[PDB]
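What follows is a set of notes on a single structure, which appears directly below.
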Protein chains: 2
Amino acid sequence: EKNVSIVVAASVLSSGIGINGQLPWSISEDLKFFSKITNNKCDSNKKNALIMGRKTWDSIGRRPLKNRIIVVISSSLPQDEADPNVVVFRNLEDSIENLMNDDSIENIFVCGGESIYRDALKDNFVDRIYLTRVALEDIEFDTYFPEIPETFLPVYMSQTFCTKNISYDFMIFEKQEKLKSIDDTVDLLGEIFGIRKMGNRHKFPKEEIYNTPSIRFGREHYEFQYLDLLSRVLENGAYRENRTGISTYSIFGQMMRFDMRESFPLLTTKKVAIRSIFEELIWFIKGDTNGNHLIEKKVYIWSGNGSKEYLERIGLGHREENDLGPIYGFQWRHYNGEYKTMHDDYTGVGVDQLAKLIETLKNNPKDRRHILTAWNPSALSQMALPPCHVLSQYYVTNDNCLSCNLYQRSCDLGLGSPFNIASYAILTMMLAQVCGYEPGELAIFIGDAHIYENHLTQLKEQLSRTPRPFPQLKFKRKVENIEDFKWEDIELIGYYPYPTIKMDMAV
Amino acid sequence: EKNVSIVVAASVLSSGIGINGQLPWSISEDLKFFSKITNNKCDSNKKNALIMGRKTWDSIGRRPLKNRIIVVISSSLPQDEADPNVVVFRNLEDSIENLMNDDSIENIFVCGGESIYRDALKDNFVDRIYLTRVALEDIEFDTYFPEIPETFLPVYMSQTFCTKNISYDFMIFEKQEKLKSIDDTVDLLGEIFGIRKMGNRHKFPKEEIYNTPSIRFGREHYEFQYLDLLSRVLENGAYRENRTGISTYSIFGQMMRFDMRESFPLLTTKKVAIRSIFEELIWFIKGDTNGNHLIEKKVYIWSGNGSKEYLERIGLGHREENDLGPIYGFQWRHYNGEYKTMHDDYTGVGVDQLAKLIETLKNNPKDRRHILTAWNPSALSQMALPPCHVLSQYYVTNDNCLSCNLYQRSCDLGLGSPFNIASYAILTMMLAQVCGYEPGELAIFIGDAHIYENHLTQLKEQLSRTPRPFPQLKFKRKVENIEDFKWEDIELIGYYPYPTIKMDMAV
Ligand SMILES: NC(=O)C1=CN([C@@H]2O[C@H](COP(=O)(O)OP(=O)(O)OC[C@H]3O[C@@H](n4cnc5c(N)ncnc54)[C@H](OP(=O)(O)O)[C@@H]3O)[C@@H](O)[C@H]2O)C=CC1
Ligand SMILES: NC(=O)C1=CN([C@@H]2O[C@H](COP(=O)(O)OP(=O)(O)OC[C@H]3O[C@@H](n4cnc5c(N)ncnc54)[C@H](OP(=O)(O)O)[C@@H]3O)[C@@H](O)[C@H]2O)C=CC1
Ligand SMILES: CN(Cc1cnc2nc(N)nc(N)c2n1)c1ccc(C(=O)N[C@@H](CCC(=O)O)C(=O)O)cc1
Ligand SMILES: CN(Cc1cnc2nc(N)nc(N)c2n1)c1ccc(C(=O)N[C@@H](CCC(=O)O)C(=O)O)cc1
Ligand SMILES: Nc1nc(=O)c2c(Cc3ccc(C(=O)Nc4ccccc4C(=O)O)cc3)c[nH]c2[nH]1
Ligand SMILES: Nc1nc(=O)c2c(Cc3ccc(C(=O)Nc4ccccc4C(=O)O)cc3)c[nH]c2[nH]1
Ligand SMILES: O=c1[nH]c(=O)n([C@H]2C[C@H](O)[C@@H](COP(=O)(O)O)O2)cc1F
Ligand SMILES: O=c1[nH]c(=O)n([C@H]2C[C@H](O)[C@@H](COP(=O)(O)O)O2)cc1F
């Protein structure tokens with residue numbers, strides 16, 4: 001028995017694959033993907049067979065594919081022995097004669113329209129599925145890819161790629177059937193030493209809290225860098241109290257890694273409020289600490305830490321209603337500046353870290369001191385809340401890309417973390433355009449990674465959703481100064497998330 | 001054809017296993033390891049056979065081991081059928097009849113003295129070796145474990161454990177003989193997209209720069225967290241210039257993780273100057289920036305950045321010879337203090353972060369703001385060198401352990417990194433004793449991880465050395481204040497490193 005794999009490129013939601021006898025898109029890299037997989041063989045004196053329907057055979061110009069033998073399923077095509085690279089069969093079952101008879105065929109690929117896909121799955125001929133999920137859904141389709149049967153399980157999901165501002169993935173599905181001593185030794189050592197063995201302090205998450213657990217070795221989509229951290233906290237998190245009335249499950253010392261070259265790290269397993277994230281970031285960039293300016297733009301994330309009852313509770317009753325004090329955006333633009341109120345004019349006072357960062361990224365790109373800090377011990381007592389994202393470093397690669405590292409001392413994985421991922425991604429892209437670079441990578445290093453106990457049912461629901469390709473984010477215009485960005489300048493392309501999940505903030 | 005494994009506990013350097021008819025040590029957990037490994041079986045109605053010499057049979061009191069059959073090799077013991085749990089054979093080869101005849105034996109273990117080990121290896125009877133490396137060498141031995149033949153390769157090396165201040169490892173050696181489509185798909189995607197696929201920017205290190213490459217899935221010893229970072233830089237490092245004349249190979253965004261409960265992360269692949277590391281750390285704690293105080297104690301690590309030629313070169317010619325300026329230990333003890341010279345009295349000026357950190361660690365252990373920073377933009381111009389270890393956070397676990405996270409913007413993997421690993425480990429243990437806790441974990445997050453080009457032959461030599469168990473570090477007395485620590489108070493137990501490697505610092 002030889003292998004029979006399905007190759008298909010379908011839309012991410014409705015699984016559309018065609019329109020009016022052709023594809024709904026033109027993605028060059030996806031065709032090169034089709035070519036390399038269908039040519040991938042082990043024996044030199046053998047070829048692969050590509051099965052396709054007649055309409056698909058028409059759509060490719062009715063011309064052969066090099067180094068391969070095309071098999072056309074048709075009820076009315078002549079079975080002429082003229083073309084040795086193209087053969088015609090009357091039904092799909094007969095065309096699977098290559099298995100038993102033809103020993104010159106190594107592997108078999110099904111890749112030819114809805115009619116052939118649906119019959120190849122209903123008759124249980126397919127061993128593996130190569131799916132290319134494309135992020136295009138507000139268009140018209142007339143040919144779809146059938147629903148994948150439950151007998152298949154995902155084993156691979158690539159990172160998100162981008163062609164002509166279109167996001168797409170690459171997945172592999174395997175059909176289900178019915179080193180040995182190293183794992184045993186580690187288990188025995190774990191029985192002897194309790195939590196003395198550090199592995200037992202970092203236990204692998206159980207399958208019941210592992211997002212898409214059938215993907216073991218192919219967890220390439222960088223949203224798994226966030227989802228697996230959720231799983232790691234649910235497994236190893238210590239129940240601990242904190243300044244709020246809501247206890248958490250907390251571990252210490254974690255990291256996440258994200259790409260920004262070919263996609264934008266906005267979570268797809270939950271609809272993330274991208275507008276509020278931006279309006280908070282430009283609020284930091286402008287140097288503003290007036291909490292009213294966010295409420296005037298219908299952004300209330302800082303209303304909890306900016307009520308008169310909260311400020312008098314922490315010893316800042318002399319402060320105005322939403323005067324959050326010297327915080328993010330006051331240490332960015334006026335570091336070590338004497339803070340009075342939020343209405344005063346601070347032009348010239350303090351150290352403008354953001355300005356020095358932009359000027360250093362352009363004049364000395366390979367400098368190792370592109371640092372933006374917000375942890376100022378002399379001003380902590382005056383802040384409405386100590387900074388969570390305390391320090392960030394930036395890096396110019398040899399191909400003119402801008403990467404970013406962030407250390408955040410405390411991380412609300414339910415609310416703050418999805419914001420921190422997107423917020424510092426936008427900041428890096430802003431810094432890249434003003435400095436003339438392209439976006440690079442984003443790494444976030446976390447101290448107290450925790451989950452609030454009132455987010456448990458919500459985050460467990462989020463872990464039940466298999467991720468979708470990351471969207472794209474582009475700027476509509478090039479700005480003179482970094483302060484000039486507006487919400488209308490941001491174009492979010494290809495974002496098809498799961499429904500939003502409500503989670504209450506702990507004050 | 002059953003399995004024949006060797007179980008042995010030998011010294012780390014000389015491979016001593018016995019003295020005067022008994023063990024050179026008493027490690028309880030190692031006996032539980034011997035028991036669990038020799039009892040590990042698959043069939044309920046089968047037993048394992050334990051082969052041992054006569055003198056070894058004497059050393060265990062001539063009493064049986066539960067659920068197992070002991071096989072004694074002796075030329076003079078009576079072959080009485082009285083005891084069914086003990087059988088005697090006249091030579092080692094005859095006793096390997098367990099393979100052909102007794103189908104009631106599942107696995108075979110050789111574990112009985114130098115004479116049996118050497119004959120079992122010279123006759124090629126052993127399939128696998130379970131080695132427990134013990135860090136005790138300045139004692140007396142009379143029975144040794146033979147040199148492991150080249151036909152064996154290590155496949156596992158556990159973390160370092162500790163019993164009665166003795167460090168030890170657990171290794172597995174396999175004998176050499178004569179998830180398939182996922183790797184193919186990822187390789188094809190790497191051909192289509194160049195450095196567009198993030199995996200190609202983080203290529204797995206080649207075997208020629210991978211320390212002990214035969215250990216694929218068992219790289220548990222946390223010195224591999226440092227050695228693999230060296231391998232990762234040699235593979236992906238971009239050749240970049242910097243403020244010095246010595247270029248580096250640099251990557252961005254890396255992390256290392258170390259245990260501190262059962263061992264001390266002092267590198268064994270190179271003899272690390274631990275005294276200089278400590279004398280620099282207490283120099284930081286005391287708040288001292290006078291570089292002469294380190295030179296007076298024969299510690300010259302800061303002499304390069306504190307020469308009259310270097311200081312005048314970077315615009316500090318007004319400064320005294322070794323006046324390094326407000327640096328580590330001046331932001332620790334006197335944050336935001338106006339720095340004059342190194343001779344002035346700074347008692348009372350600035351924010352004492354170290355004092356507040358200790359007081360916060362004791363009074364509010366689960367607080368999420370145990371932060372010690374050294375990045376002060378207002379003082380960077382006055383420093384002889386901006387801080388490399390810029391910010392650190394501390395964490396109290398539910399079992400009264402103190403963990404530490406460090407963000408390092410720039411990392412000299414040849415010189416600074418071995419110091420940074422050990423230094424912040426010592427600092428965390430000092431903070432743990434003054435606050436009444438035990439050492440926890442150490443995680444180091446790195447920005448610009450690089451290797452200087454004049455360290456290439458040296459670090460490749462270091463990568464050729466298989467690691468040894470981490471040592472132990474204990475304090476001889478409980479101190480009143482953290483400033484009271486002295487070098488004589490530190491006892492380094494079980495440190496048997498490889499010879500030191502000379503590497504020049506880039507000024
Ligand atoms: N995104 C992707 O990966 C792909 C998309 N497509 C798109 O899908 C569309 C085409 O698919 P689709 O509409 O389903 O047409 P098909 O490609 O499935 O071709 C159908 C033809 O195959 C023959 N056929 C099908 N079933 C049988 C049967 N049971 N017995 C005998 N003959 C059979 C018939 O030929 P006959 O009339 O001669 O009897 C039929 O007309 C196009 O738009 C194409 O571009 C196609 C391939 C891949
Ligand atoms: N750290 C560890 O893992 C272990 C350490 N040890 C230690 O090592 C020491 C003992 O080892 P060791 O000194 O080598 O003594 P052995 O344990 O190897 O026993 C030797 C005896 O086995 C018999 N024997 C050996 N070879 C032959 C042969 N070719 N034909 C017939 N009989 C043979 C002889 O018994 P006879 O004289 O009756 O003929 C010989 O005296 C002890 O200190 C023990 O504690 C032991 C086991 C494990
Ligand atoms: C059958 N078909 C429709 C089509 C389009 N995109 C797809 N995409 C995927 N992922 N899977 C499919 N089955 C698929 N099929 C095809 C098949 C081949 C070519 C084609 O020109 N292939 C060249 C591509 C050459 C190149 O781009 O380098 C080859 O050599 O295979 C176009 C459409
Ligand atoms: C043959 N021998 C010497 C000895 C000591 N340490 C070793 N350590 C290792 N790693 N490997 C060996 N072969 C070894 N052998 C032995 C064998 C068994 C026991 C013993 O008492 N074993 C108990 C373990 C008792 C316990 O768990 O405390 C068992 O149930 O097997 C002591 C010494
Ligand atoms: N404990 C604690 N956690 C914090 O995150 C935090 C912040 C920042 C912040 C970030 C995000 C939110 C928030 O509500 N996000 C949302 C989530 C889902 C759907 C919609 C939204 C939406 O905002 O529309 C609130 C606050 C300041 N102070 C804090 N304290
Ligand atoms: N560029 C750059 N790199 C740095 O590491 C650095 C430091 C800290 C430091 C740390 C270590 C050394 C050093 O020489 N270590 C050794 C290594 C092997 C064997 C012996 C020694 C020994 O000292 O005895 C020098 C300096 C201050 N300023 C710096 N600038
Ligand atoms: O950007 C943010 N990210 C974040 O994770 N938090 C959460 C983390 C923690 O749950 C809470 C309070 O921090 P702490 O209790 O350490 O003072 O703020 C707040 C932000 F503003
Ligand atoms: O504790 C230290 N750790 C460290 O890694 N360096 C190295 C890193 C780098 O090679 C150099 C400073 O880089 P730069 O001056 O360009 O920021 O010092 C120096 C220390 F003092």
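In what follows, every chain begins at residue 1, and chains take the letters A, B, ... in the order their sequences are listed. We count ligands from 1, going down the list as the structure has it; atoms in each ligand are counted the same way.
- Here the macromolecule with the greatest number of atom pairs within 4.5 Å of ligand 4 is listed in the PDB entry as Bifunctional dihydrofolate reductase-thymidylate synthase.
- Picking from apremilast, methotrexate, tivozanib, pemetrexed, dequalinium, the molecule at ligand 4 is methotrexate.
- Lab note: other chains with heavy atoms under 4.0 Å from methotrexate (ligand 4) -> B.
- The source organism recorded in the entry for chain B is Cryptosporidium hominis.
- Measured on heavy atoms with a 4.0 Å cut-off, the binding site of methotrexate (ligand 4) is B/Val7, B/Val8, B/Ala9, B/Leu23, B/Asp30, B/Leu31, B/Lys32, B/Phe34, B/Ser35, B/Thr56, B/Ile60, B/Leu65, B/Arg68, B/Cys111, B/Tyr117, B/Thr132.
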